[PDB]
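Using the PDB entry numbers, chain A covers 31-270, in order. The figures here come from the full heavy-atom set of this structure, side chains too, leaving out hydrogens, waters and symmetry mates. Atoms within a ligand are numbered from 1 in the order they appear, just like the ligands themselves. Method of determination (from the header): X-ray crystallography, 2.1 Å.
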Amino acid sequence: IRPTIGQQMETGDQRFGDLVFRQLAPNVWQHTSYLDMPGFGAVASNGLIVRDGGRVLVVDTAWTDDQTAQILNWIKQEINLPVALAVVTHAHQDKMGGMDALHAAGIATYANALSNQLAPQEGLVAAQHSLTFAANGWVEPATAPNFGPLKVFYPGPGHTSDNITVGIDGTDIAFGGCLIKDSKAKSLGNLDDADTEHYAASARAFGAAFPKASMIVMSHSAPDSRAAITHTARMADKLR
Ligand SMILES: CC1(C)S[C@H]([C@H](NC(=O)[C@H](N)c2ccccc2)C(=O)O)N[C@H]1C(=O)O
Ligand SMILES: [Cl-]
Ligand SMILES: [Cl-]
Ligand SMILES: [Cl-]
Ligand SMILES: [Cl-]
Ligand code: NA
Ligand SMILES: [Zn+2]
Ligand SMILES: [Zn+2]
């Protein structure tokens, strides 16, 4: 039950197969999957599940196809509405490891064009659709058709050059993915593929994109305050 990296079990977490689901809002769930790193233990990765009327929107895969299938299973059981689309927040295993499971389920997948271009080099499957972004980082609306409350924002390079973020419009929830670390984080996680020059501005950009989101959901920590953004940014300031 207990990851080395990620939030531990708390009451109101629902354990379903190998995954954990935490209701954040009437219409928003966090999905948590665990990659058993040999010798390091389980690494939690969080995405989101959003009910938008008669359809469900997914943010990020699990680490694996098998885990992402369990997410669909959980959605089927708990919401029992079709998954309209998945948005995946950059081309790394924690965010796009389960693309095949979404595709096999006939779920329309969207990623940053650059994530799609990077997917093959990262041993991953591209999303079937490419999000492009304006100079101010907002998704080009035509590339994000019928996204409902998923408000996609490319904050700039940080965790990766392709990392994107998702505000859940009509909620106080914004999703920073692996760009954002919790307010008590000692580390910015894996900086291997990171843009250390732009990280801070990108963390802040995310904050300013979703100025009214009080609940910040991220890949490897329990949903947190805006302090997650500000702390991530302050840590990122040291990188320059
Ligand atoms: C949680 C991480 C430290 S690992 C993860 C990602 N890495 C992977 O998905 C790798 N496939 C992986 C290899 C070994 C152990 C865990 C993940 C990355 O490089 O951002 N995201 C990192 C992050 O968000 O900082
Ligand atoms: Cl709620
Ligand atoms: Cl503008
Ligand atoms: Cl906002
Ligand atoms: Cl700090
Ligand atoms: Na890489
Ligand atoms: Zn990553
Ligand atoms: Zn990550």
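Present at ligand 1 is the drug ampicillin (open form).
The chain with the most heavy-atom contacts to ampicillin (open form) in this structure is named in the PDB entry as Metallo-beta-lactamase NDM-12. By the criterion of a heavy-atom distance under 4.0 Å, neither the backbone nor the side chain of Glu152 is placed next to ampicillin (open form). Applying the 4.0 Å criterion to heavy atoms of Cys208 picks out, from ampicillin (open form), the atoms 24 (O). Between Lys211 and ampicillin (open form) there is a heavy-atom distance shorter than 4.0 Å.
The entry gives the source of chain A as Escherichia coli.
Listed by number with element, the atoms of ampicillin (open form) under 4.0 Å from a non-hydrogen atom of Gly219 are 25 (O). Look at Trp93 and you'll find a heavy atom under 4.0 Å from some atom of ampicillin (open form). Contact annotation for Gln123 and ampicillin (open form): heavy atoms of both the backbone and the side chain come within less than 4.0 Å of the ligand. Only side-chain heavy atoms of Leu65 come within less than 4.0 Å of ampicillin (open form); its backbone N, CA, C and O stay farther off.
Short-range neighbours of ampicillin (open form) under 4.0 Å, ligands and ions only: ligand 7 (zinc ion), ligand 8 (zinc ion).
Less than 4.0 angstrom separates some heavy atom of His250 from each of these atoms of ampicillin (open form): 1 (C), 21 (N), 22 (C), 23 (C), 24 (O). Of all atoms in ampicillin (open form), listed by their number and element, those nearer than 4.0 Å to a heavy atom of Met67 are 15 (C). Between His189 and ampicillin (open form), at least one pair of N/O atoms sits closer than 3.5 Å. Considering backbone and side-chain N/O atoms, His120 never comes within less than 3.5 Å of an N/O atom of ampicillin (open form). For ampicillin (open form), the heavy-atom contacts closer than 4.0 Å come from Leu65, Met67, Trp93, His122, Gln123, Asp124, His189, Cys208, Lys211, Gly219, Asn220, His250.
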